[PDB]
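Taking it in order: structure first as structure tokens, then the write-up.
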Amino acid sequence: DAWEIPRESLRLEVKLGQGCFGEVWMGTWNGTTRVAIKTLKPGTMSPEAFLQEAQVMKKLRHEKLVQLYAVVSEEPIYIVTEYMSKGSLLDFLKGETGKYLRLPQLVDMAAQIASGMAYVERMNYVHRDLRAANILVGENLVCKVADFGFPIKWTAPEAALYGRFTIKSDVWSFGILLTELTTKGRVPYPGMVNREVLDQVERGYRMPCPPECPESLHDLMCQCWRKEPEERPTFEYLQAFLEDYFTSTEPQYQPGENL
Ligand SMILES: Cc1ccc(C(=O)Nc2ccc(CN3CCN(C)CC3)c(C(F)(F)F)c2)cc1C#Cc1cnc2cccnn12
């Protein structure tokens, strides 16, 4: 058991999520420390399929990966975790302060995610659904990699077509996630339906450079979007590249209207 707790500890205060097969609540733990809860909506998935997520989350422990705190085996099940106060990043980028973000805050932000995924990469694990809807945000623009568990527009074409879901198909996704950041949360492949994406991309189409995104950064995304998984960069290299960007790659970056 080890991470099992009682319902006596917890209190589910305001419903923040409304998942495929569950819900998500702000709360309080042992009446003191403020946490988040995944509640299985009963019948649907059962304590087998749902509770392999707590297995996986037990082994990972990293400063950019949402931290498991506790579990509740006896039904209804509450999977418990730290609370990211600004929520999902897609929400944050679309919300109040999205308009004030410039490219040093987005690229800093990006480097934290790459950090988390490098740790994921080190453990020989695949995420499978890397994107702005699976990144939570707390104060001071701290981002962490989360999971809320199909998206053609984020999934690599070798994983979408043939199921080769490797670390390097998360590398692909990271490049797309980068375009979300640089457009402020806009959906990939504007106007193009799932079917058009595959076909065009399959035939070499990549997203053009976002307006006011320098070309150096657009060369990074295309690096993630190479046709051969093994020629994609790595999260470590991407981490460093993003960390060093304004000294080593854009020292004449000058902020403008949007970025
Ligand atoms: C309550 C809660 C419960 C569970 C999870 C969760 O499922 N996390 C998770 C699951 C799996 C994986 C890794 N696998 C990927 C798949 N892969 C195939 C295998 C490995 C990881 C990761 F950390 F590794 F990324 C995280 C997140 C939250 C949240 C929250 C929260 C906190 N503040 C707010 C504010 C607004 C909204 N939500 N929220």
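Residue numbering for chain A follows the PDB entry; the residues present correspond to positions 261-409, 427-536, in that order. Note that ligands are numbered from 1 as they come in the structure, with each ligand's atoms numbered from 1 the same way.
Found at ligand 1 is the drug ponatinib. Of the chains in this structure, the chief binding partner of ponatinib (ligand 1) is, as UniProt puts it, Proto-oncogene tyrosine-protein kinase Src. Between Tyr343 and ponatinib (ligand 1), not a single N/O pair is under 3.5 Å apart. Remark: ponatinib (ligand 1) atoms within the under-4.0 Å shell around heavy atoms of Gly347 are 35 (C), 36 (C). Using a 4.0 angstrom heavy-atom cutoff, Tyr385 does not count as in contact with ponatinib (ligand 1). Closest to atom 25 (F) of ponatinib (ligand 1), if we only count protein heavy atoms, is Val405 O, 3.2 Å. The nearest of the UniProt-listed active-site residues in chain A relative to ponatinib (ligand 1), at the least heavy-atom distance to 1 Å, is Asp389, 6 Å. Under 4.0 angstrom from ponatinib (ligand 1), the non-hydrogen atoms of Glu313 all belong to its side chain.
Counting atoms of ponatinib (ligand 1) from 1 in the listed order, those under 4.0 Å from a heavy atom of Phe408 are 38 (N). By the criterion of a heavy-atom distance under 4.0 Å, neither the backbone nor the side chain of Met286 is placed next to ponatinib (ligand 1). At a 4.0 Å cut-off, not a single heavy atom of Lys346 sits close enough to ponatinib (ligand 1) to count as contact. In this structure, the protein non-hydrogen atom closest to atom 2 (C) of ponatinib (ligand 1) is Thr341 OG1, 3.4 Å. Here's the thing with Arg388: none of its N/O atoms is less than 3.5 angstrom from an N/O atom of ponatinib (ligand 1). Counting heavy atoms closer than 4.0 Å to ponatinib (ligand 1), residue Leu396 contributes side-chain atoms (C-beta onward) but none from N, CA, C or O. At the top of the distance list for atom 14 (N) of ponatinib (ligand 1), counting protein heavy atoms only, stands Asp407 OD2, 3.9 Å.
Closest to atom 18 (C) of ponatinib (ligand 1), if we only count protein heavy atoms, is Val386 O, 3.3 Å. For ponatinib (ligand 1), the main contacting UniProt domain of chain A is Protein kinase. Around ponatinib (ligand 1), within 4.0 Å by heavy-atom distance, are found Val284, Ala296, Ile297, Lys298, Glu313, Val316, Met317, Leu325, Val326, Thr341, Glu342, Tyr343, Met344, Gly347, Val386, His387, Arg388, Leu396, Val405, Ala406, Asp407, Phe408.
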